[PDB]
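Caption: desisobutyryl-ciclesonide together with Mineralocorticoid receptor, bound form.
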Amino acid sequence: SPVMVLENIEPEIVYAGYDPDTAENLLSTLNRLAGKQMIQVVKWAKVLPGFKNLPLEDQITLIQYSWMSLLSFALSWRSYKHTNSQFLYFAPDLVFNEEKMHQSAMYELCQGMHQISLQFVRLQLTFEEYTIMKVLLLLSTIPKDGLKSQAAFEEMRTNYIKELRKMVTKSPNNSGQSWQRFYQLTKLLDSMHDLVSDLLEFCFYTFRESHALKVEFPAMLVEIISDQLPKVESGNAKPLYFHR
Amino acid sequence: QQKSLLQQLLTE
Ligand SMILES: C[C@]12C=CC(=O)C=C1CC[C@@H]1[C@@H]2[C@@H](O)C[C@@]2(C)[C@H]1C[C@H]1O[C@@H](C3CCCCC3)O[C@]12C(=O)CO
């Protein structure tokens, strides 16, 4: 059972170190927060059953494709646990929602992330469900022509899907609606591809126009986006769906 | 040009 291991290796909370109250300072602060969070994501994935055994090249590819889904999913969990999904709990010292956003695009991205959090309230998502779904998001995007150890990846992915299904369908808390719930969780994972697509498009823009927009990125994100952007731009990114 | 932060963290 990886569930026991998953609870143990779960990263601890990181602070933003918030302040001038401008769009470029908010974005720069969020990006520097992402860099701190990325260190804890990599240490989490390093000791993850199955993933820990894939070639180094495949581990890098997977993290570079899914870093955004992992961070937005963890943000939705914190938002749910600490504010009942009224606000986006980026860090204990940086908590806000759409109402603080004046630019149309920024409001919609903020709202999209809030809508995932509200779906956690509707589902009353548990920590066990969350940790398995988080792993499934790390395994949600692959290169168009596959990975180095494609079969080993397919085995590990199918195993994590089965762990989610057995956990949901065997729980007495879901009696009479366990399959309906499993399909709601898999639909929520598919809908993560849509949200993440939008968060990545704005991220790629603020990255390319970083100097002009005065939007700062930490070294971790500079290196990740530098490798990810040419892969996404060239169509070398295959999102894996449950219902599509 | 050099080992990435992602690669160093995965191999440390
Ligand atoms: C990963 C990120 C960081 C910490 C965290 O807890 C969660 C996330 C997920 C979303 C991640 C976030 C940050 O980088 C900042 C990102 C990357 C963002 C998606 C992009 O959208 C805008 C948003 C930020 C919220 C209000 C509306 C505008 O900021 C981003 C950007 O392009 C800035 O250059």
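Going down the sequence lines, the chains are called A, B, C, and so on. Heads up, chain A uses the PDB entry numbers, so what you see runs 737-755, 759-983. Here chain B follows the PDB entry for its numbers: 1430-1441, in order, are the residues you see. Looks like X-ray crystallography, 2.4 Å, at least that's what the header says. When a ligand or atom number is given, it counts from 1 through the structure's own listing order.
Other chains whose heavy atoms approach desisobutyryl-ciclesonide within less than 4.0 Å: A. The shell of residues around desisobutyryl-ciclesonide (heavy atoms under 4.0 Å) is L766(A), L769(A), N770(A), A773(A), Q776(A), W806(A), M807(A), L810(A), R817(A), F829(A), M840(A), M845(A), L848(A), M852(A), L938(A), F941(A), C942(A), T945(A), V954(A), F956(A). Closest to atom 7 (C) of desisobutyryl-ciclesonide, if we only count protein heavy atoms, is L810(A) O, 3.8 Å.
A heavy atom under 4.0 Å from desisobutyryl-ciclesonide is present in the following residues that UniProt lists as binding aldosterone in chain A: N770(A), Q776(A), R817(A), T945(A). Distance remark: protein heavy atom not present below 4.0 angstrom from atom 12 (C) of desisobutyryl-ciclesonide. Within the 4.0 Å cut-off (strictly below), no protein heavy atom is located near atom 18 (C) of desisobutyryl-ciclesonide.
Proximity to desisobutyryl-ciclesonide (heavy atom under 4.0 Å) is shown by these UniProt 21-hydroxyprogesterone-binding residues of chain A: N770(A), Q776(A), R817(A), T945(A).
UniProt domain boundaries put most chain A contacts with desisobutyryl-ciclesonide inside NR LBD. Atom 23 (C) of desisobutyryl-ciclesonide has as its closest protein heavy atom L766(A) CD2, 4.3 Å. Among all non-hydrogen protein atoms, the one lying nearest atom 2 (C) of desisobutyryl-ciclesonide is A773(A) CB, 4.3 Å. The PDB entry lists the organism for chain A as Homo sapiens.
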